[PDB]
Amino acid sequence: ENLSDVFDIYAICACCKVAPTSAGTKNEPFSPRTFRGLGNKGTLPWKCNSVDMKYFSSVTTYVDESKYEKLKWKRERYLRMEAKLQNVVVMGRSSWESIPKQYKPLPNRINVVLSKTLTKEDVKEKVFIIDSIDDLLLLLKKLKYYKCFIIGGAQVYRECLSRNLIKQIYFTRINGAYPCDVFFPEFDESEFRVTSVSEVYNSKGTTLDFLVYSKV
Ligand SMILES: NC(=O)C1=CN([C@@H]2O[C@H](COP(=O)(O)OP(=O)(O)OC[C@H]3O[C@@H](n4cnc5c(N)ncnc54)[C@H](OP(=O)(O)O)[C@@H]3O)[C@@H](O)[C@H]2O)C=CC1
Ligand SMILES: CCc1nc(N)nc(N)c1-c1ccc(Cl)cc1
């Protein structure tokens, strides 16, 4: 069976173009993947993009009650053989720490932070602290939710793609070049097909679009 399908594990990210460097061995002016920039110095490479922000918020928050029973059954079945509704959002520690206190935990979604060092003692926000992907799966198996969104960062995307635990990738392309030090991990793209390509959008002069890739 495909766990990414049974537990509806999707990834959502936004990547921009990478700003060249005149020094160092990391300049890739000819990179085969134009949009691969994820972060810089612990924060996003670009300045507040309200357009992607709204998009991100809608995707990760939207739930359809009518479609849940079907998911409930699909899961009850898998679990059988193995033996307010909200989506889950999963993020690495650095990502969680990069979010300003006032915006955490992300409202209307069940928050999960992956970390082997954070403790419930110092993390007062309502969030599940998970020690590993393995434990993440243990959590989803005993949790009522709609879809599970992996929202970052690079390390977390890598682990999930590497384990073939991603069913869909919601990929925002930011058409701007900014300095970057964290990039989207490479994986076998032949395993996916683009299933949604939005019209172009504009943020203060910078264009961007939204793509969705679904596993074959
Ligand atoms: N453009 C985009 O869409 C996104 C950009 N970002 C950007 O990416 C950068 C942060 O990403 P990155 O550096 O990859 O870090 P992450 O945000 O993934 O956090 C890394 C930390 O998460 C924890 N972690 C990772 N995997 C596991 C695991 N399997 N089990 C338990 N804990 C785990 C560890 O915490 P610990 O050390 O406590 O164990 C780890 O050091 C920032 O610059 C941020 O702004 C982040 C998300 C999305
Ligand atoms: C709004 C930015 C954004 N847009 C998209 N399309 N995907 C994401 N995963 C994020 C994101 C970045 C950093 C953190 Cl910490 C959490 C989420």
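Positions are given from 1 along the sequence. The figures that follow rest on heavy atoms only: side chains count, while hydrogens, waters and symmetry mates do not. When a ligand or atom number is given, it counts from 1 through the structure's own listing order.
PDB records give the name of the drug at ligand 2 as pyrimethamine. Of all chains here, the one making more contacts with pyrimethamine than any other appears in the PDB entry as dihydrofolate reductase-thymidylate synthase. At a heavy-atom cut-off of 4.0 Å, the residues contacting pyrimethamine are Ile12, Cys13, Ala14, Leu44, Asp52, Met53, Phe56, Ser95, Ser98, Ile99, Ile151, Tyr157, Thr172. Atoms of pyrimethamine lying under 4.0 Å from at least one heavy atom of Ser95, given by number and element, are 15 (Cl). Atoms of pyrimethamine found under 4.0 Å from any heavy atom of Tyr157 (numbered from 1 in listed order, with element): 9 (N). An N or O contact shorter than 3.5 Å is missing between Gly152 and pyrimethamine by distance. The protein atom (non-hydrogen) at minimum distance from atom 7 (N) of pyrimethamine is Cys13 CA, 3.2 Å.
For the pair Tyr55 and pyrimethamine, the shortest N or O to N or O distance does not fall below 3.5 Å. Every N/O-N/O distance between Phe56 and pyrimethamine stays at or above 3.5 Å. Between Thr172 and pyrimethamine, at least one pair of N/O atoms sits closer than 3.5 Å. What sits closest to atom 11 (C) of pyrimethamine on the protein, heavy atoms only, is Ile151 O, 4.2 Å. An N or O contact shorter than 3.5 Å links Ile12 to pyrimethamine by distance. Within pyrimethamine, the atoms closer than 4.0 Å to a non-hydrogen atom of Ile99 are 15 (Cl), numbered from 1 in the order shown. Nearest protein neighbour of atom 3 (C) of pyrimethamine, counting heavy atoms only, is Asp52 OD2, 3.5 Å. Counting only heavy atoms, the protein never gets under 4.0 Å from atom 14 (C) of pyrimethamine. The protein heavy atom nearest to atom 12 (C) of pyrimethamine is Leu44 CD2, 3.8 Å.
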